[PDB]
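Snapshot of nirmatrelvir (bound form) at 3C-like proteinase nsp5.
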Number of protein chains: 2
Amino acid sequence: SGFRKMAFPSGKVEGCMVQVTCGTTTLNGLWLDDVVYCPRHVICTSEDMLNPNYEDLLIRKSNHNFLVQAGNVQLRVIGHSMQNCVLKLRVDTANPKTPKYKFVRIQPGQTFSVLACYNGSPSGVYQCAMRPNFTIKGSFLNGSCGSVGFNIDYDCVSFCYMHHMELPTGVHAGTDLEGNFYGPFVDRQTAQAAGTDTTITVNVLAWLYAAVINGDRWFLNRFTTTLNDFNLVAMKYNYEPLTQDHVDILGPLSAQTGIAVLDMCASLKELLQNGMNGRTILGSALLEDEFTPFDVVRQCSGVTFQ
Amino acid sequence: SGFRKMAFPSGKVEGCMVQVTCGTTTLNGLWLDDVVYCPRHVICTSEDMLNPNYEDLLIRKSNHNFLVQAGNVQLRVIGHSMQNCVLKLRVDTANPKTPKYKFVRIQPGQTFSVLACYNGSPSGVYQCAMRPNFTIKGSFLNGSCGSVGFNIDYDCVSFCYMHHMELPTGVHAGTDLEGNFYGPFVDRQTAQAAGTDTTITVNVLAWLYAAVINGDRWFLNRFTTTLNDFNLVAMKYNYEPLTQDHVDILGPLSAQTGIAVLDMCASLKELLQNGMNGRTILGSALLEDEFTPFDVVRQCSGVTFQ
Ligand SMILES: *C(=N)[C@H](C[C@@H]1CCNC1=O)NC(=O)[C@@H]1[C@@H]2[C@H](CN1C(=O)[C@@H](NC(=O)C(F)(F)F)C(C)(C)C)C2(C)C
Ligand SMILES: *C(=N)[C@H](C[C@@H]1CCNC1=O)NC(=O)[C@@H]1[C@@H]2[C@H](CN1C(=O)[C@@H](NC(=O)C(F)(F)F)C(C)(C)C)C2(C)C
């Protein structure tokens, strides 16, 4: 029993982290096969960040201007190209620790593990969720760019995030591994702010199922509700609408615990209207929305990875 | 910026996890050099758990009765011995991925990362703390025994925990890597319950410093207090006494933020007496006590590991 914010094992991703240095700027890079992926603002000075012309700055750079270090070994760069907001540095050595991997673009509300790195070395791992406003609540400092977010399916590492910058209130924004930003953000040091965030409703319900699986059941009421009636209440308290797709994904947890999704919705409706009255669910005094239905099943049934 | 429950990178520990099978019981084992460490109740049937005579059960077993699998490769066992509540299985092959490591016994209040494993394969990683009642609030299922807790100092992995069993209310107990249980618990399926837990005061103060570093400063009051006056208030609300040693460890965070430890104690005294009045600190509606002063410095300054 027990329920904790569990991150994926980071070993496969650790064997891919390298250090990329251009001029005096240093950040992290991802070494898969014979290509290194890193944020494109490695070619920027501190003054270049206010208004960078990345196409102009990359012109003036050659292969030998990129210092790539994998541990105590320098990787010779033999080619470079820019795909949206990431650089692709072709090196003469393929990474022998390259795992089976994919490049995926996740949806808002989906979770992944972040391996925070500095100078190409891992500092820690934590679980995050793509917020509906296309930010993440992470923990990044200077030089953390290049750290990646990933999911693991059996032996395959699905890379879905690369850190680029921090937004006001201490939230973070980045791109997929193709350089495309999550949200309407740009890699430029200018005034940018995230949109108003909302609560991931399908993740709250899955976290309530995890509580019932663990015997924390005080919040279960005796009622049911209609998907429409629940969504009207959810709209008031800044909760995302619960679609029929979300109901289908919650099927396994509903069948395991014997509680219909609409019955758990009626229980959530009361919590939104009355609060928790000084009680906790799974030790938390607030409703949690960074566990997907798959995170609950994977943790409560002990799914392992090759 | 940002502050999250960060776990250590698990890569070094993943290369040490093996699967140990004896009869029909299967659990996890730690493979360091040419020795496999696993909980001793692997030699137990389900009926042997109510009253096991481990010395008697191990007599009846030989080296070939232990099936050790590292991936798809079986490790030949050439010797075995029991040290308190763990088995030491000597194998004919040294683990080539053995990291620089130590066996340490941590104190209550100190933190570490747990790599939850099943059948020798990692399922996830999370950060925990040794509670003052010598339990941990983890997430373990059937077959999770053998999963280890560890700290990483540069390139050295300090193993400090091995999971053995779950206690009422869903808390967990285990041993150090020498087989010695944390707390007055025994590896027997009989009525056992943890003592009443308390809040790790030095970890709460360090987590308040992390909030001030991150700009969350509404709780800072204008007062100071004496170590004695604070400890009387802390004793009322089931908080551990703050020793002078704890004050010295909080030195770096106090010098970084310019807030004396006794001033932060006066701020904590008001929070304990008035509550938080519907406000959050670092997004949490409750005071957090599973971040050591070192976890705060390591996260807020980005300490990496080799
Ligand atoms: C990469 N190493 C850093 C990681 C940052 C540093 C502090 N916390 C993080 O996550 N990324 C940057 O420094 C990026 C980058 C220039 C500036 N930047 C920012 O994150 C800035 N934010 C913004 O400008 C805003 F608000 F628009 F998002 C900063 C003010 C330093 C937080 C470039 C090239 C955009
Ligand atoms: C190792 N694979 C399991 C992990 C357990 C299983 C459920 N959650 C966990 O952490 N360890 C055990 O099954 C141990 C073990 C026998 C029984 N046991 C227990 O954890 C039991 N707890 C107790 O008996 C109590 F309350 F005294 F701690 C159980 C009732 C199954 C939770 C042995 C040899 C002690």
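Each chain is given a letter, A onward, matching its sequence line's place in the list. Using the numbering of the PDB entry, the residues shown for chain A are 1-306, in order. Following the PDB entry, chain B residues are numbered 1-306, in order. Both counts, for ligands and for their atoms, begin at 1 and track the order of listing. Per the header: X-ray crystallography, 2.4 Å.
The heavy-atom neighbours of nirmatrelvir (bound form, ligand 1) at a 4.0 Å cut-off, by chain: A. Protein non-hydrogen atoms do not reach within 4.0 Å of atom 13 (O) of nirmatrelvir (bound form, ligand 1). Looking at atom 26 (F) of nirmatrelvir (bound form, ligand 1), its nearest protein heavy atom turns out to be A:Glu166 O, 3.5 Å. Scanning all protein heavy atoms for the shortest distance to atom 18 (N) of nirmatrelvir (bound form, ligand 1) gives A:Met165 CB, 3.8 Å. At least one N or O atom of A:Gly143, backbone or side chain, sits closer than 3.5 Å to an N or O atom of nirmatrelvir (bound form, ligand 1). In this structure, the protein non-hydrogen atom closest to atom 5 (C) of nirmatrelvir (bound form, ligand 1) is A:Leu141 O, 3.9 Å. Covalent attachment: nirmatrelvir (bound form, ligand 1) to A:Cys145 SG.
With hydrogens left out, the protein atom closest to atom 35 (C) of nirmatrelvir (bound form, ligand 1) is A:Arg188 N, 3.2 Å, a heavy atom. Near A:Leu167, meaning under 4.0 Å from any of its heavy atoms, are these atoms of nirmatrelvir (bound form, ligand 1): 28 (F).
Interface atoms of nirmatrelvir (bound form, ligand 1) facing A:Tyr54, defined by a heavy-atom separation under 4.0 Å, are 34 (C). The closest approach between any non-hydrogen atom of A:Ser144 and nirmatrelvir (bound form, ligand 1) is below 4.0 Å.
Each of the following atoms of nirmatrelvir (bound form, ligand 1) lies closer than 4.0 Å to a heavy atom of A:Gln192: 26 (F), 27 (F).
Interface atoms of nirmatrelvir (bound form, ligand 1) facing A:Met49, defined by a heavy-atom separation under 4.0 Å, are 34 (C). Shortest heavy-atom distance from nirmatrelvir (bound form, ligand 1) to a UniProt active-site residue of chain A, with the residue named, rounded to 1 Å: A:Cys145, 2 Å.
The protein heavy-atom contact nearest to atom 2 (N) of nirmatrelvir (bound form, ligand 1) is A:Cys145 SG, 2.7 Å.
If you check which protein heavy atom lies closest to atom 27 (F) of nirmatrelvir (bound form, ligand 1), you get A:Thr190 O, 2.7 Å. For nirmatrelvir (bound form, ligand 1), the polar-atom distance check against A:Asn142 finds no nitrogen or oxygen pair separated by under 3.5 Å. The UniProt domain of chain A holding most residues in contact with nirmatrelvir (bound form, ligand 1) is Peptidase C30. The residue from A:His164, A:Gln189, A:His163 that puts a heavy atom closest to atom 15 (C) of nirmatrelvir (bound form, ligand 1) is A:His164.
The shell of residues around nirmatrelvir (bound form, ligand 1) (heavy atoms under 4.0 Å) is A:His41, A:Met49, A:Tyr54, A:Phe140, A:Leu141, A:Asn142, A:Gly143, A:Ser144, A:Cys145, A:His163, A:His164, A:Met165, A:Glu166, A:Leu167, A:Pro168, A:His172, A:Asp187, A:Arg188, A:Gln189, A:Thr190, A:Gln192.
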